[PDB]
Chemist: 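I'm sharing a structure that contains proguanil.
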Amino acid sequence: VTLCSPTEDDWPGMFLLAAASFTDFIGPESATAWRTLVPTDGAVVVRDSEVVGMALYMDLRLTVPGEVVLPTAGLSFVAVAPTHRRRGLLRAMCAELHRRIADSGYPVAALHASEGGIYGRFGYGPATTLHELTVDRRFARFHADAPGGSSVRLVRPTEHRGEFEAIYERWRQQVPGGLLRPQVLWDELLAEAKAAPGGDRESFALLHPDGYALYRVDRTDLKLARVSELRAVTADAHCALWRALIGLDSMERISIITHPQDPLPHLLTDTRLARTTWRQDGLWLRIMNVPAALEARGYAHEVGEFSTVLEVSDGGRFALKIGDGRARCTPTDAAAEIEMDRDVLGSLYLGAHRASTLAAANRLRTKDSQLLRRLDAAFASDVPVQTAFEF
Amino acid sequence: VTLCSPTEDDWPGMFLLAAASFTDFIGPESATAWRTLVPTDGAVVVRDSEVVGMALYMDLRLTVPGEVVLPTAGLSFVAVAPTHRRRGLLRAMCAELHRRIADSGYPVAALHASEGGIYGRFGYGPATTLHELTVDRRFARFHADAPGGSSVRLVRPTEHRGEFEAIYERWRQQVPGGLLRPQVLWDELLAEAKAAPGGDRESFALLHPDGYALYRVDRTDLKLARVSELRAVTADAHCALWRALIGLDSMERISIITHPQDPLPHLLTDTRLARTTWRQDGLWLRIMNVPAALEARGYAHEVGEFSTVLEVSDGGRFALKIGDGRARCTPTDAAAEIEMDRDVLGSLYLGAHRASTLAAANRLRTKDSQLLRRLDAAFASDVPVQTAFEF
Amino acid sequence: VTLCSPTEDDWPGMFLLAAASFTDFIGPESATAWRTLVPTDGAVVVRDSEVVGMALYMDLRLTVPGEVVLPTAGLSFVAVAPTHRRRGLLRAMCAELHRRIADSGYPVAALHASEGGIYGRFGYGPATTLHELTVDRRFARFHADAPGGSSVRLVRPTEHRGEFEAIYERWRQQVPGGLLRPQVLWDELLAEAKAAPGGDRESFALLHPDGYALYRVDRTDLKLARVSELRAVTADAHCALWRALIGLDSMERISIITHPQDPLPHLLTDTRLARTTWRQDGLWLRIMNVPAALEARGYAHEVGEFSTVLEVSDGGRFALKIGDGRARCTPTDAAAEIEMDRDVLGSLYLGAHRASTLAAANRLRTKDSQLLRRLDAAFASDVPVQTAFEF
Amino acid sequence: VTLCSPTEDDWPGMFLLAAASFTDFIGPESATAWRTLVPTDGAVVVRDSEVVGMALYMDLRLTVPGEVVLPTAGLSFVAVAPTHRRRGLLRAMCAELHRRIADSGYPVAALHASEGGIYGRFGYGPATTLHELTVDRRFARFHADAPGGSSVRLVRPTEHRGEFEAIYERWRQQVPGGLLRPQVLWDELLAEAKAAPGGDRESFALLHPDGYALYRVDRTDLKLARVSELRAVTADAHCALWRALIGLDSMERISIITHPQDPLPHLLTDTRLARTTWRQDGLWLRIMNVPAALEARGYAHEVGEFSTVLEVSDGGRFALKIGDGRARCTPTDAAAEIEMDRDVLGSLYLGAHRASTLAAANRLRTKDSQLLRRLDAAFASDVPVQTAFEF
Amino acid sequence: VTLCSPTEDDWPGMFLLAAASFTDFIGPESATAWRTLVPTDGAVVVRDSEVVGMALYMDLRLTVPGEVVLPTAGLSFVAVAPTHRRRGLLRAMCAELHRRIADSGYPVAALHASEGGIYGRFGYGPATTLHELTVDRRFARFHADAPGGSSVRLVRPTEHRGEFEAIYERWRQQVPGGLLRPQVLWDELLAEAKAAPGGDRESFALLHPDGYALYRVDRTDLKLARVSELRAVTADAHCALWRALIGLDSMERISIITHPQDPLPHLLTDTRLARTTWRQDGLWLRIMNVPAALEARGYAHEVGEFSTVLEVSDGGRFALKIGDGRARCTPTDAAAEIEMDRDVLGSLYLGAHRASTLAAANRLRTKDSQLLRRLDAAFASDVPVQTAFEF
Ligand SMILES: CC(C)NC(=N)NC(=N)Nc1ccc(Cl)cc1
Ligand SMILES: CC(C)NC(=N)NC(=N)Nc1ccc(Cl)cc1
Ligand SMILES: CC(C)NC(=N)NC(=N)Nc1ccc(Cl)cc1
Ligand SMILES: CC(C)NC(=N)NC(=N)Nc1ccc(Cl)cc1
Ligand SMILES: CC(C)NC(=N)NC(=N)Nc1ccc(Cl)cc1
């Protein structure tokens with residue numbers, strides 16, 4: 001077996017492995033559009049001749065706490081032929097891409113995991129949490145305090161592309177987890193909004209000056225509406241869109257994949273009607289350069305200046321000083337006050353997981369409980385972390 | 001209809017309403033043990049003659065952030081006959097008990113809600129969150145970092161009552177949400193640990209010096225073990241008990257009703273195996289005396305001294321100064337900087353809900369985003385809020 | 001918001017609201033064929049610019065007891081945008097159409113209800129009952145008395161359109177509930193008889209000189225045949241078609257949406273094999289002109305001449321004389337002997353609901369039990385009321 | 001009603017009956033390809049004018065024990081209109097085809113039965129057994145002894161047609177139950193390997209020099225892979241293909257319709273993971289000429305020479321001598337030592353059913369237990385009987 | 001941890017581990033009756049003080065092909081505390097019991113496996129196959145050939161204990177897999193035949209001079225009868241009992257756990273009505289002494305004398321001569337012609353698995369296909385292998 005950058009002649013072999021590996025593999029046409037986000041030298045293949053393994057990264061822009069946008073290597077299209085399992089192909093492909101990503105200057109890599117048990121050992125930690133809420137809209141009444149007690153329009157998505165793009169662009173710059181959505185991914189999204197013979201029903205949109213929701217009736221459950229994406233830049237827009245969704249009088253239930261701090265339940269007289277039906281890891285992060293990542297993000301202003309020594313397992317030891325919402329992270333050989341594997345740092349990085357929770361599992365080790373409280377407070381995000389789109 | 005404290009002659013009428021109202025109504029014997037926690041004048045009935053409504057409170061001790069224990073009026077046994085709906089009986093009974101609770105000197109009242117839409121309008125806010133985790137133990141492997149890589153014993157619960165009582169007593173004093181469990185409730189718990197003809201299977205216990213788990217196989221799904229209660233005072237005890245539960249080799253699944261910050265998922269190589277199968281409000285709080293409650297709890301040391309003016313809707317306006325982890329809360333007629341209904345304060349009080357999340361639903365109103373960040377940080381609990389036992 | 005007859009420019013806005021409101025919305029092509037049944041001034045829209053509400057009526061011909069055919073305004077395509085709920089749009093649109101229908105000379109309006117709780121307050125009463133029967137054909141044996149112990153042919157529907165049209169035309173003139181089916185609706189029916197990729201299987205027909213059945217195998221349950229429509233003008237035809245349907249030896253079950261007096265169960269040695277799997281209101285009626293409707297239908301010859309005074313709530317008081325199967329219905333200020341809301345009269349009108357049943361719910365009020373027996377007998381239909389087709 | 005060979009003018013009438021009778025009826029195009037396997041005079045129709053019954057046979061080649069290939073009449077496309085049940089059409093059509101098959105010189109006829117209770121009385125006995133195995137691949141580990149501890153390639157079926165044809169051709173000559181697969185059936189198979197809108201997902205192939213597997217992900221259960229066909233000429237190929245199928249890491253389950261002696265379970269450390277989820281009769285046989293069939297197949301060499309007298313109910317009495325793996329079967333009027341109906345002989349013929357098992361049901365009658373043991377041993381097949389393809 | 005024979009003081013500790021390990025653990029009373037089958041020194045415990053592991057064997061009598069009865073060590077009550085997994089306790093307990101069993105003179109050990117992946121590596125091979133058949137009795141018609149076209153009585157089990165014992169005793173001596181059922185196990189069986197509050201319904205019996213069936217209606221599915229045990233010594237008795245079971249006119253379905261050669265399906269006009277709903281390994285065998293086991297059983301008379309050399313992996317090499325239905329098995333250092341692990345021999349031993357099937361998985365290795373055919377024929381059982389009762 002050999003590992004190398006694919007030639008044009010490798011891509012049909014890659015698309016066969018993709019079709020056999022991914023049920024959501026639209027086809028070679030969709031694949032060729034995503035391919036425009038893959039840099040030169042962003043892809044590796046393993047050949048036995050025939051393609052038996054592949055992996056690549058896309059050039060992404062990820063928003064982190066403090067509204068800072070990082071260049072991010074988005075791992076995707078990772079697959080090993082069912083004929084070639086347990087031969088170290090995944091480890092070899094991840095080692096080569098990680099070498100290329102680090103050499104190229106990316107401070108972070110990111111992925112969506114097909115299973116929970118793979119990517120930890122390669123230094124990825126789950127950094128966003130997906131939370132599905134299902135509302136029994138038949139009983140849903142808005143609280144007396146809820147805003148907006150007709151700013152929303154029901155529209156055809158393909159006729160309002162410009163407005164969706166501009167709202168999304170405002171949203172993604174404000175929210176940790178936000179990703180820049182390039183033109184080719186808007187092309188894909190609006191092509192999926194069409195009804196397909198034997199497939200999805202037509203998508204509709206609810207459009208506010210400061211937010212939109214895209215939804216469709218479920219293929220088989222005709223009383224369920226699924227919200228594919230709701231992006232609101234203001235609380236007024238979020239509440240106005242939910243008032244419209246709860247007005248889908250022919251549905252029994254509205255479901256959305258959202259984040260744990262979605263204020264929806266608080267909009268209703270019965271908080272219990274917004275039921276959590278599913279929870280899962282969303283975006284995973286591998287911190288490629290510990291000092292560049294820790295100095296780049298903003299920190300909570302509420303915690304007073306403090307200094308510590310952080311060791312990442314096989315990733316350096318650093319003097320970490322955090323104050324006035326900024327970190328300075330410098331090499332040191334001083335004794336470590338905090339130790340953790342690289343994956344744990346990625347889990348902390350967008351504020352989705354508390355240092356004290358990881359400490360209670362012994363994933364993060366310190367003898368100082370005051371230092372733990374300070375890290376928890378500092379790494380917290382003012383704006384709750386959300387998940388942009390899967391890749 | 002008349003509202004009054006019940007006489008001894010009213011109790012058979014109350015037990016009939018209870019049997020008709022509550023499916024979990026063990027019987028008059030269990031009821032008579034809980035009755036020892038009801039103070040003189042802790043109960044009201046409505047008569048049409050026959051009992052058509054009832055409500056009472058029990059004397060409880062609730063742990064709040066800072067390890068402070070508050071006298072708490074636990075509302076329970078609330079029922080209105082199906083013959084007497086929509087006649088204002090619940091509002092009349094809650095108004096009278098709230099008068100008695102406030103006059104008696106309780107700073108807080110608490111309940112478990114049969115539905116989500118009732119108790120908000122009486123000033124109760126959901127203050128703890130129940131989180132059911134279901135583990136597919138067949139795939140569960142402990143992370144290399146997990147502690148305890150035989151401190152636990154498999155025992156009969158009724159033979160180790162003293163040890164369970166002492167561990168629980170340590171747990172409940174340390175954790176916000178903790179409740180003192182009186183002798184009569186230990187009597188009930190150990191009577192429910194017995195197998196019943198046509199009912200529950202036998203409970204077993206896993207016992208560590210610093211924690212215990214009580215579990216039983218499900219009545220009908222013989223491959224599911226349900227953990228009824230796991231109380232761990234140390235991280236080592238928590239991990240050791242889960243190692244033993246994952247060693248129940250005849251089960252496919254282990255389920256527990258826990259809290260959102262349970263570190264279990266982080267103990268495993270695959271965090272996704274600890275699946276969230278259910279989430280719901282647990283304990284609800286009504287703040288009866290705003291200054292006594294806000295001055296009693298401890299606050300985060302990480303936030304610097306700040307002053308604000310808080311108005312509770314029909315519950316006073318106060319100068320609120322928070323610093324060095326303590327609050328001072330004094331009458332003022334100065335302009336309000338923060339306004340919220342009483343129920344919202346109860347939701348904030350144990351740190352389960354963020355001020356910024358309630359603000360995004362307009363349940364809490366301020367024009368100062370810096371003040372919101374400061375309240376979020378100050379009201380946060382170092383020790384995650386848990387739910388003790390239902391009542 | 002403004003209410004008006006739509007211009008040609010409004011129809012794309014109406015088709016967007018329709019797609020978002022109705023899951024069964026084939027598309028703009030099907031819509032344009034139904035549109036040929038809508039008279040000039042048969043449609044209203046509400047604009048905010050954009051269409052946020054719509055309603056129309058079609059010109060129909062409804063058969064009532066005595067084989068009398070009434071011009072009928074069939075309400076359809078009624079929808080309010082999810083953005084515009086609770087603003088009185090439905091009440092405003094129904095008030096305007098009802099004004100136009102009454103002014104145009106229609107004695108009755110009719111609809112199929114999307115939910116049971118809407119149309120009562122606008123004067124519509126459920127007037128036909130849908131009854132789904134599911135037969136376990138594996139056990140079905142015909143009684144010794146059953147007729148037809150090969151008059152039926154298995155055919156392709158599109159090749160026998162003329163014969164279906166002529167049988168249906170005989171059926172609809174004989175049966176209360178019958179509707180004239182115009183050419184455009186035969187076009188639609190035969191287009192739905194085609195198999196669709198990802199959709200319905202091919203329909204087949206069973207054809208007798210005096211009846212037909214259209215059926216298809218269910219999309220997903222391949223052992224269920226669904227009869228979409230069985231129209232039999234004679235008992236011999238009805239029994240012959242069921243003999244053929246019970247001969248679908250590859251099916252386990254045959255289901256049909258029929259009426260409560262379907263004689264099918266009586267054809268079998270085991271009446272219980274024709275199981276009632278679903279029951280629901282079918283056609284709803286609003287009596288627009290009380291005297292024109294009550295004088296138009298025929299009444300049971302078995303009841304002797306009687307006179308009464310009927311008051312319809314806000315719909316007039318009338319001297320009602322019924323004899324020799326005919327009614328005379330004239331204005332009076334004499335004291336009322338019978339009172340009911342308009343919706344109740346529509347429920348009585350085709351004989352689907354008994355006066356004595358509505359009296360027992362206090363929907364119809366009299367102090368005379370003899371008068372109730374006389375109304376029950378008079379309003380009964382000799383020929384059981386059936387449901388023609390949905391609109 | 002009349003029975004005759006169809007004219008070209010009958011075929012549209014036959015295709016209508018086929019569409020109404022068979023849910024798996026691809027269409028007239030697929031039907032016209034299978035039609036090339038039907039000999040002149042291989043088809044009968046019943047007319048009432050219109051086609052109300054049909055039956056035909058195809059020219060097949062069936063492998064029997066000893067690697068002997070018999071000309072076989074494959075009954076197929078048998079249907080009676082639902083209008084014409086219980087009129088003896090099936091018996092009349094089977095009697096005429098059986099006359100033509102016997103006169104033409106076929107020693108055996110075969111079919112796949114739509115139900116288990118029809119074909120016994122026409123002399124067909126179930127001769128192969130279908131066994132569905134479902135593997136929970138997440139737990140599947142190969143035994144230390146299992147062969148092949150990368151000979152297999154993941155390929156697109158349509159690009160390797162030549163290789164599939166050559167492996168299948170080797171398989172079908174070696175295994176009892178094997179059928180020659182003509183070019184038109186390879187055309188059909190590779191056309192079904194394509195994804196269909198609203199239908200099947202794309203098929204992939206696993207290709208070894210000495211075996212192949214064709215599989216697809218299930219339409220609706222996206223964690224189930226269904227193996228449509230696995231043909232392995234060697235044990236090494238069988239194990240190598242299963243290693244690759246168990247490497248489909250995105251599936252939970254792999255299902256296959258195989259035979260009772262599939263060695264798969266023995267390849268795994270946990271034999272129980274290969275679960276039997278379904279069992280059913282596969283190919284049915286009617287022995288048309290008792291001596292030609294019994295002399296044609298090979299018998300077990302392990303049993304010593306023996307002689308008996310076999311009577312088939314209304315099918316002759318024969319002196320049957322079996323030795324050195326060969327039978328001689330000659331007319332006799334000597335007393336019968338063994339008696340059975342024709343269907344029972346067909347059940348014994350490929351070794352799928354034991355003589356002693358049929359004797360215990362009194363389907364085969366002898367007074368000699370030693371003769372039963374000898375027949376069981378002689379009729380056993382060295383190579384386990386498999387099912388080729390349905391027709 | 002220490003391993004030793006338990007004292008009387010250990011048994012309460014063993015019964016706690018048993019209750020926690022086995023859901024079917026009736027209680028200490030049932031346990032004390034089974035305990036009478038455990039020889040002195042038949043039990044081992046591991047102590048940490050407290051019991052953390054246990055295993056024992058019972059003295060059984062197992063019928064093998066040729067109606068030979070072997071003393072058999074039945075392993076049972078094997079459990080390791082969930083606190084003590086992965087410490088080699090099971091391997092240590094099995095090694096000690098196997099030492100004691102071998103020293104005591106048992107030629108074979110046997111068990112029922114809680115999972116399929118444990119006992120292989122300790123030399124146990126699955127030797128019987130459990131086959132659940134579910135009959136839709138509503139369609140079941142007996143074939144014209146079926147025997148018995150009133151020898152059976154419906155009786156109360158507890159009144160006919162003597163007759164059940166005598167039939168079972170005849171059955172168990174005739175059938176490979178048969179076990180002697182001691183008086184204490186008849187006591188248990190007849191105590192389980194009683195209805196329990198919240199548990200099983202009453203059992204009834206069908207009693208023939210030469211067979212019995214015990215059955216009960218399912219706890220929850222009131223249209224399912226479960227046959228717990230059917231023992232028939234003659235084909236006439238087997239058919240007569242099934243005629244009576246198919247006469248349970250209030251049931252839809254009759255289920256039984258039987259063996260793969262049950263002739264039931266052949267008794268019916270539709271063989272497919274006896275559906276295989278479940279298949280699993282039953283009894284597992286460990287051959288403790290290869291020559292004593294191979295010389296003890298009878299072999300097929302149909303195969304001519306042959307000689308080979310068999311090597312069992314770490315269990316000896318033997319000259320194996322089989323002729324006239326008897327084996328001679330003597331030490332040799334000649335080259336092996338056949339090799340297999342000990343577990344494989346146990347799988348072959350009662351005739352449930354074919355040598356050629358195990359060879360195709362490479363669990364049995366020879367270069368001689370003629371030798372494989374001879375072993376398959378020789379190890380076959382004339383009387384099909386059945387499973388007596390679980391332990
Ligand atoms: C929504 C998700 C599942 N879509 C993706 N998986 N992203 C994706 N398919 N990514 C991808 C990237 C590059 C190429 Cl060349 C081909 C595919
Ligand atoms: C575990 C919960 C549901 N148990 C309770 N509901 N508490 C409870 N039943 N409380 C209660 C309190 C007082 C009396 Cl007199 C009777 C009953
Ligand atoms: C079978 C039923 C549901 N079909 C209808 N709903 N009727 C219907 N769609 N009616 C309708 C009438 C007029 C117009 Cl312009 C557009 C649609
Ligand atoms: C895979 C099976 C179900 N396919 C078949 N049934 N065979 C089949 N359809 N046979 C067939 C034979 C001849 C003619 Cl003309 C038309 C059809
Ligand atoms: C029917 C089966 C499951 N019953 C058994 N497991 N046998 C069993 N429990 N055996 C057993 C043997 C000895 C003792 Cl001391 C205690 C129990």
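Below, chain A is the first sequence line, B the second, and so on; all start at residue 1. Header lists the method as X-ray crystallography, 1.9 Å. When a ligand or atom number is given, it counts from 1 through the structure's own listing order. Partial entry shown, contacts counted within.
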Chemist: Any idea which macromolecule proguanil (ligand 1) contacts most in this entry, and what UniProt calls it?
Modeler: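 The largest contact count goes to N-acetyltransferase Eis.
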Chemist: Which other chain letters have a heavy atom less than 4.0 Å from proguanil (ligand 1)?
Modeler: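 Counting heavy atoms only, the chains are A.
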Chemist: List the UniProt domain of chain A that dominates the contacts with proguanil (ligand 1).
Modeler: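 The majority fall within the UniProt domain N-acetyltransferase.
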Chemist: Considering only heavy atoms, which of A:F77, A:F389, A:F391 lies nearest to atom 17 (C) of proguanil (ligand 1)?
Modeler: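 The residue whose heavy atom sits nearest atom 17 (C) of proguanil (ligand 1) is A:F77.
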Chemist: Should A:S76 be counted as touching proguanil (ligand 1), given the test is an N or O pair under 3.5 Å?
Modeler: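 Yes, since at least one N or O of A:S76 sits under 3.5 Å from an N or O of proguanil (ligand 1).
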Chemist: Could you tell me whether proguanil (ligand 1) has any atom less than 4.0 Å away from a heavy atom of A:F15?
Modeler: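 Per 4.0 Å heavy-atom rule, A:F15 does not contact proguanil (ligand 1).
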Chemist: So which protein heavy atom does atom 4 (N) of proguanil (ligand 1) come closest to, and at what separation?
Modeler: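 The answer is A:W34 CZ2, 3.7 Å.
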Chemist: If you look at the UniProt active-site residues of chain A, which one is closest to proguanil (ligand 1), and how far apart are the nearest heavy atoms, to 1 Å?
Modeler: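 The nearest UniProt active-site residue, by heavy atoms, is A:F391, 3 Å.
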Chemist: Cross the UniProt acetyl-CoA-binding annotation of chain A with the residues having a heavy atom under 4.0 Å from proguanil (ligand 1), and give the overlap.
Modeler: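 Going by UniProt and heavy atoms, there are none.
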Chemist: I want to confirm something. Looking only at heavy atoms, which of A:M14, A:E192, A:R35, A:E390 is nearest to atom 1 (C) of proguanil (ligand 1)?
Modeler: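 Of the listed residues, A:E390 has the closest heavy atom.
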Chemist: If you draw a 4.0 Å sphere around every atom of proguanil (ligand 1), which residues of other chains have a heavy atom inside it?
Modeler: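 Sure - by heavy atoms, that gives A:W11, A:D24, A:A31, A:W34, A:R35, A:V38, A:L56, A:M58, A:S76, A:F77, A:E390, A:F391.
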